[PDB]
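Structure of interest - contains darunavir.
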2 protein chains.
Amino acid sequence: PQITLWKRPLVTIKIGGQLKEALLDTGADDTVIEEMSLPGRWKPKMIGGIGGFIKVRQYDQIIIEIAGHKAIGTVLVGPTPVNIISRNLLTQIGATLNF
Amino acid sequence: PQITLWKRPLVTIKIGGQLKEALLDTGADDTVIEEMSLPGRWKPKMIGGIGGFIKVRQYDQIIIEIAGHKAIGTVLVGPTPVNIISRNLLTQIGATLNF
Ligand SMILES: CC(C)CN(C[C@@H](O)[C@H](Cc1ccccc1)NC(=O)O[C@H]1CO[C@H]2OCC[C@H]21)S(=O)(=O)c1ccc(N)cc1
Ligand SMILES: [Cl-]
Ligand code: NA
């Protein structure tokens, strides 16, 4: 589909068996989701942006369903104010910016 | 242009006759640039990022070229990690997300 940017590009995704609203974010290197449990191993990481850094848990090889497409990637879990779908996952569904 | 997301979607922008590097960011509502001098009066604004809130200077109706595309709108100046071209200006240059 073609998403205009008049409003925040929010989409519904399926991760860890639950539905969540997320923001499609070309300005993000890695996906960040609010606190939730995920299977497998993880390692601590610090990610920063406007306002500073937050500590998150990094899980690799996680399956995320987005717009019918099933993509696999890294997911950071921590105290983020908004769920963000980053380039790490956007590349897998072939998302591109056009103008 | 059609920009893939395997690398950061960085472009060259021109503001105040100066060339700068900026990140095309669909996950941001307003455009934020690192400290620099802009004409006119500014208004206060607080924006919340991944690490919390910060105060910035809001300048309106600023002329800015983005990847060769002319735009005129609001530019926020503050301690951002990188210059970010957000939805307020992406909509002006006719940018959309596609997949
Ligand atoms: C600042 C950029 C270099 C990177 N940011 C992504 C960006 O899209 C965020 C994404 C975002 C969105 C909402 C809340 C927090 C973070 N937007 C943002 O800070 O925008 C602010 C300016 O306009 C406003 O509109 C949204 C809040 C304001 S980030 O949230 O810090 C980030 C950093 C690292 C990772 N892995 C994932 C995300
Ligand atoms: Cl102030
Ligand atoms: Na894993």
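Heads up: chain A is whatever sequence line comes first, chain B the next one, etc. Heads up, chain A uses the PDB entry numbers, so what you see runs 1-99. What you see of chain B is 101-199, where the numbers are those given in the PDB entry. Every number for a ligand or one of its atoms is a count from 1 in the order of the listing. Only this structure's heavy atoms are used, side chains among them; waters, hydrogens and symmetry mates stay out.
- The location of darunavir, copies and all, is ligand 1.
- Counting heavy-atom pairs under 4.5 Å, the chain with the most contacts to darunavir is listed in the PDB entry as Gag-Pol polyprotein.
- Other chains near darunavir (heavy atoms under 4.0 Å), by letter: A, B.
- The contact residues of darunavir, taking heavy atoms under 4.0 Å, are given as A/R8, A/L23, A/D25, A/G27, A/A28, A/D30, A/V32, A/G48, A/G49, A/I50, A/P81, A/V82, A/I84, B/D125, B/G127, B/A128, B/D129, B/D130, B/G148, B/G149, B/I150, B/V182, B/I184.
- In terms of protein heavy-atom proximity, atom 6 (C) of darunavir is closest to A/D25 OD2, 3.1 Å.
- For atom 37 (C) of darunavir, the nearest non-hydrogen atom of the protein is A/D30 O, 3.2 Å.
- Of all protein heavy atoms, the one lying nearest to atom 19 (O) of darunavir is B/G149 CA, 3.8 Å.
- Those atoms of darunavir with a heavy atom of A/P81 less than 4.0 angstrom away are 14 (C), 15 (C).
- When hydrogens are left out, the protein atom nearest atom 5 (N) of darunavir is A/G27 O, 4.1 Å; that is the closest non-hydrogen contact.
- Of all protein heavy atoms, the one lying nearest to atom 32 (C) of darunavir is B/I150 CD1, 3.9 Å.
- Looking only at heavy atoms of the protein, atom 21 (C) of darunavir is closest to B/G148 O, 4.1 Å.
- Every atom of darunavir is numbered from 1 in the order shown, and the set under 4.0 Å from a heavy atom of B/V182 is 3 (C).
- The nearest heavy-atom contact from the protein to atom 24 (C) of darunavir is B/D129 N, 3.4 Å.
- In this PDB entry, the source organism listed for chain B is Human immunodeficiency virus type 1 (BRU ISOLATE).
- Close contacts of darunavir with A/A28, meaning ligand atoms under 4.0 Å from a residue heavy atom, involve 37 (C), 38 (C).
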